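Opening remarks: the structure here includes pyrimethamine.
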Amino acid sequence: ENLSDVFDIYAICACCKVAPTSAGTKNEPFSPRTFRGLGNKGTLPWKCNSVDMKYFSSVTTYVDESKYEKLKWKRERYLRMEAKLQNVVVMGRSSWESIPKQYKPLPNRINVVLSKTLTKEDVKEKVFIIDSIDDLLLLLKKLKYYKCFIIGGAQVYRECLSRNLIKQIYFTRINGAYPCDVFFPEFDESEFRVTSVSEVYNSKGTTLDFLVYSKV
Ligand SMILES: NC(=O)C1=CN([C@@H]2O[C@H](COP(=O)(O)OP(=O)(O)OC[C@H]3O[C@@H](n4cnc5c(N)ncnc54)[C@H](OP(=O)(O)O)[C@@H]3O)[C@@H](O)[C@H]2O)C=CC1
Ligand SMILES: CCc1nc(N)nc(N)c1-c1ccc(Cl)cc1
């Protein structure tokens with residue numbers, strides 16, 4: 001069976017173009033993947049993009065009650081053989097720490113932070129602290145939710161793609177070049193097909209679009 005399908009594990013990210021460097025061995029002016037920039041110095045490479053922000057918020061928050069029973073059954077079945085509704089959002093520690101206190105935990109979604117060092121003692125926000133992907137799966141198996149969104153960062157995307165635990169990738173392309181030090185991990189793209197390509201959008205002069213890739 002495909003766990004990414006049974007537990008509806010999707011990834012959502014936004015990547016921009018990478019700003020060249022005149023020094024160092026990391027300049028890739030000819031990179032085969034134009035949009036691969038994820039972060040810089042612990043924060044996003046670009047300045048507040050309200051357009052992607054709204055998009056991100058809608059995707060990760062939207063739930064359809066009518067479609068849940070079907071998911072409930074699909075899961076009850078898998079679990080059988082193995083033996084307010086909200087989506088889950090999963091993020092690495094650095095990502096969680098990069099979010100300003102006032103915006104955490106992300107409202108209307110069940111928050112999960114992956115970390116082997118954070119403790120419930122110092123993390124007062126309502127969030128599940130998970131020690132590993134393995135434990136993440138243990139959590140989803142005993143949790144009522146709609147879809148599970150992996151929202152970052154690079155390390156977390158890598159682990160999930162590497163384990164073939166991603167069913168869909170919601171990929172925002174930011175058409176701007178900014179300095180970057182964290183990039184989207186490479187994986188076998190032949191395993192996916194683009195299933196949604198939005199019209200172009202504009203943020204203060206910078207264009208961007210939204211793509212969705214679904215596993216074959
Ligand atoms: N453009 C985009 O869409 C996104 C950009 N970002 C950007 O990416 C950068 C942060 O990403 P990155 O550096 O990859 O870090 P992450 O945000 O993934 O956090 C890394 C930390 O998460 C924890 N972690 C990772 N995997 C596991 C695991 N399997 N089990 C338990 N804990 C785990 C560890 O915490 P610990 O050390 O406590 O164990 C780890 O050091 C920032 O610059 C941020 O702004 C982040 C998300 C999305
Ligand atoms: C709004 C930015 C954004 N847009 C998209 N399309 N995907 C994401 N995963 C994020 C994101 C970045 C950093 C953190 Cl910490 C959490 C989420």
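The first residue of the sequence shown is numbered 1, and numbering continues consecutively from there. Just follow the structure's listing: the first ligand is 1, and inside any ligand the first atom is 1. Values below: every heavy atom of this structure, side chains too, minus hydrogens, waters and symmetry copies.
Lab note - all copies counted, pyrimethamine located at ligand 2. Most heavy-atom contacts to pyrimethamine in this structure come from the chain listed in the PDB entry as dihydrofolate reductase-thymidylate synthase. Protein heavy atom at the shortest distance from atom 12 (C) of pyrimethamine is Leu44 CD2, 3.8 Å. The N/O atoms of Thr172, backbone and side chain alike, include one that comes under 3.5 Å of an N/O atom in pyrimethamine.
For a threshold of 3.5 Å applied to N or O pairs, the pair formed by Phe56 and pyrimethamine contains no separation below that value.
Close approach of pyrimethamine to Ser98 is summarised as follows: ligand atoms under 4.0 Å from at least one heavy atom of the residue are 15 (Cl). When each atom of pyrimethamine is checked for a heavy atom of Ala14 under 4.0 Å away, the hits are 4 (N), 5 (C), 6 (N), 7 (N). Here's the thing with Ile99: none of its N/O atoms is less than 3.5 angstrom from an N/O atom of pyrimethamine. Contacts of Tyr157 with pyrimethamine, taken as heavy-atom pairs under 4.0 Å, involve the side chain alone. For pyrimethamine, one of its N or O atoms has an N or O atom of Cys13 under 3.5 Å away. For pyrimethamine, the atoms sitting less than 4.0 Å from at least one non-hydrogen atom of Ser95 are 15 (Cl), numbered in the order shown with element in parentheses. The entry's source annotation for chain A reads Plasmodium vivax. For atom 14 (C) of pyrimethamine, the protein comes within 4.0 Å by no heavy atom at all. Protein heavy atom in closest approach to atom 17 (C) of pyrimethamine: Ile151 O, 3.8 Å. Residue, atom and distance of the protein heavy atom nearest to atom 3 (C) of pyrimethamine are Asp52 OD2, 3.5 Å.
Backbone and side-chain nitrogen or oxygen atoms of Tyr55 are examined, and none is located within less than 3.5 angstrom of a nitrogen or oxygen of pyrimethamine. In this structure, residues within 4.0 Å of pyrimethamine (heavy atoms) are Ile12, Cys13, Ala14, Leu44, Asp52, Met53, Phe56, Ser95, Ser98, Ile99, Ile151, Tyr157, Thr172.
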Could you go through pyrimethamine and list every pair where one of its N or O atoms sits under 3.5 Å from a protein N or O, giving the atom names and the distance to one decimal?
residue	atom	partner	partner atom	Å
pyrimethamine	4 (N)	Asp52	OD2	2.6
pyrimethamine	6 (N)	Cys13	O	3.2
pyrimethamine	6 (N)	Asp52	OD1	2.9
pyrimethamine	6 (N)	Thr172	OG1	3.1
pyrimethamine	7 (N)	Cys13	N	3.4
pyrimethamine	9 (N)	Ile12	O	2.9
pyrimethamine	9 (N)	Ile151	O	3.0

